[PDB]
Every structure is written in structure tokens, then in C-alpha cells.
Amino acid sequence: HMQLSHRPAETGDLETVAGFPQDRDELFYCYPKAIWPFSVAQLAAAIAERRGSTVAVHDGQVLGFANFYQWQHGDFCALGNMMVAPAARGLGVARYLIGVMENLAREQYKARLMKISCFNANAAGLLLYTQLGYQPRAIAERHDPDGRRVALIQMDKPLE
Ligand SMILES: O=C(N[C@H](CO)[C@H](O)c1ccc([N+](=O)[O-])cc1)C(Cl)Cl
Ligand SMILES: O=C(N[C@H](CO)[C@H](O)c1ccc([N+](=O)[O-])cc1)C(Cl)Cl
């Protein structure tokens, strides 16, 4: 059914990907420095500051997006901006794209570790990363757009 492929993100993908977050909570989980409503400009700003922006495609549709927000050659990468089209949630897109990013971190950055940080309210993410072999290492305090304290669960996984 799901026949996923991947390639580097392109300008022509921005409007699609900027359509993915469906509410302020979803935007905060995947891009906590963004301001609702999301926009192509905000997405392009991230892409410029980051590395490895990659889309996942199925049946001619861009269904996922991810990048690295930290990269340290021979050391680790940290995954962020993981977004999935609302019509394709729970179909394997995030897990597919995390595997692609793991490979890119190993191959291009010679990373030994991938870091993922997940906000506490994002249960789906915490469970998914757990299923993929990520372990929690620390919890950091952050604040949401209403000034409320949230917990950022910092996880990692050795790259094999
Ligand atoms: O789907 C969710 N989380 C996934 C888990 O991998 C991920 O964190 C995510 C976050 C934002 C998003 N988006 O805004 O399009 C999509 C997936 C929760 Cl919003 Cl239920
Ligand atoms: O700033 C620009 N380009 C950079 C890369 O040089 C990047 O693509 C970017 C785009 C939009 C942006 N924004 O509007 O926040 C920030 C950076 C153009 Cl607006 Cl000139």
C-alpha cells in the first residue's frame, strides 16, 4: 500500500509542507519557535538555518518533512521539524522518514548518535520514538506560547 520514497525538499514543496500543522499544539511540537499561523516564510527560515531538509513522497504526494537542527560531524545529529500530512497520519510516514534521517546522519555526518527532543504533550511522538529504539536521557523546562511550563523530553539512539 504505502510505497514511500524520499528526496531533498524543494521550493515547490514549501506550501504543501506549511499546510501540515493543523493547530497551535501541532506547530509547537514540530517547530516551537514558530508563531501561529504557520507560513512558507517561517518554514523557509528554518530550512535556511538547518541541514538535511527531506520530504517523503507517496503516490505523488509530499506526506512528510524532516531536517536536522543540530549536526556535529563524527558525533551526532538532532532531528527536528518532523511534520506529516494530516491525511497521512499513522501510516508509517514518520517512521520511514526517521529511518531515512538516521541513514543520512550516519552516512553524511558520520554520526554515532541521533538526538530527538519531544514535548511532553506529544504522546504519539514519545511512543513512536520509543518503538524506534530511542531512550529518554533528560528532561528540560520550556515554555509554550501562553507562557505555561512544559517538559521537553530529550531522547537519543546509537546509530548502527
Ligand atoms: O502526530 C503527532 N505527533 C507526531 C509523532 O511522530 C509528530 O510529533 C508530528 C508533529 C507535528 C506534525 N504536524 O504538525 O504536521 C506532524 C507530526 C501528534 Cl500531533 Cl498526535
Ligand atoms: O532571506 C532570504 N533567503 C534565505 C537564504 O538566503 C532563506 O531562504 C530565508 C527565507 C525566508 C526567510 N524568512 O522570511 O523568514 C528567512 C530565510 C530571502 Cl528573503 Cl532573500
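Position 1 is the first residue of the sequence, and the numbers go up from there. As the structure lists them, so they are numbered: ligands from 1, and atoms in each ligand from 1. Atom set for the values below is all heavy atoms of this structure, side chains included, hydrogens, waters and symmetry mates excluded.
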What does the PDB call the drug placed at ligand 1?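 PDB records call it chloramphenicol.
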Could you tell me which macromolecule makes the most contacts with chloramphenicol (ligand 1) here? Its name in the PDB entry would be great.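 By most contacts, it's GNAT superfamily acetyltransferase PA4794.
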Which residues, given by chain and number, touch chloramphenicol (ligand 1) within 4.0 Å on a heavy-atom basis?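 On a heavy-atom basis, the binding site is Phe20, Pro21, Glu26, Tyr29, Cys30, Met82, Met83, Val84, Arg89, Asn122, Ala124, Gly125, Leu128, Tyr129.
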Mind checking whether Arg89 has an N or O less than 3.5 Å away from an N or O of chloramphenicol (ligand 1)?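 Yes; the residue has a nitrogen or oxygen that sits under 3.5 Å from a nitrogen or oxygen of the ligand.
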Quick check on contacts: which atoms of chloramphenicol (ligand 1) are under 4.0 angstrom from a heavy atom of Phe20? 15 (O)
Which residue and atom name correspond to the protein heavy atom nearest atom 2 (C) of chloramphenicol (ligand 1), and how close is it?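 Protein heavy atom at minimum distance: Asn122 OD1, 3.7 Å.
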Return the closest protein heavy atom for atom 20 (Cl) of chloramphenicol (ligand 1) as residue, atom name and distance.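 Ranking protein heavy atoms by distance from atom 20 (Cl) of chloramphenicol (ligand 1), first comes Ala124 CB, 3.8 Å.
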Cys30 heavy atoms, cut-off 4.0 Å: which chloramphenicol (ligand 1) atoms fall inside? 11 (C), 14 (O)
With heavy-atom distances below 4.0 Å as the criterion, list the atoms of chloramphenicol (ligand 1) near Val84. 15 (O), 16 (C)
Which chloramphenicol (ligand 1) atoms does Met82 reach within 4.0 Å, using its non-hydrogen atoms? 9 (C), 10 (C), 11 (C), 12 (C), 16 (C), 17 (C)
Which residue and heavy atom of the protein sit nearest atom 19 (Cl) of chloramphenicol (ligand 1), plus the separation: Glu26 CG, 3.6 Å
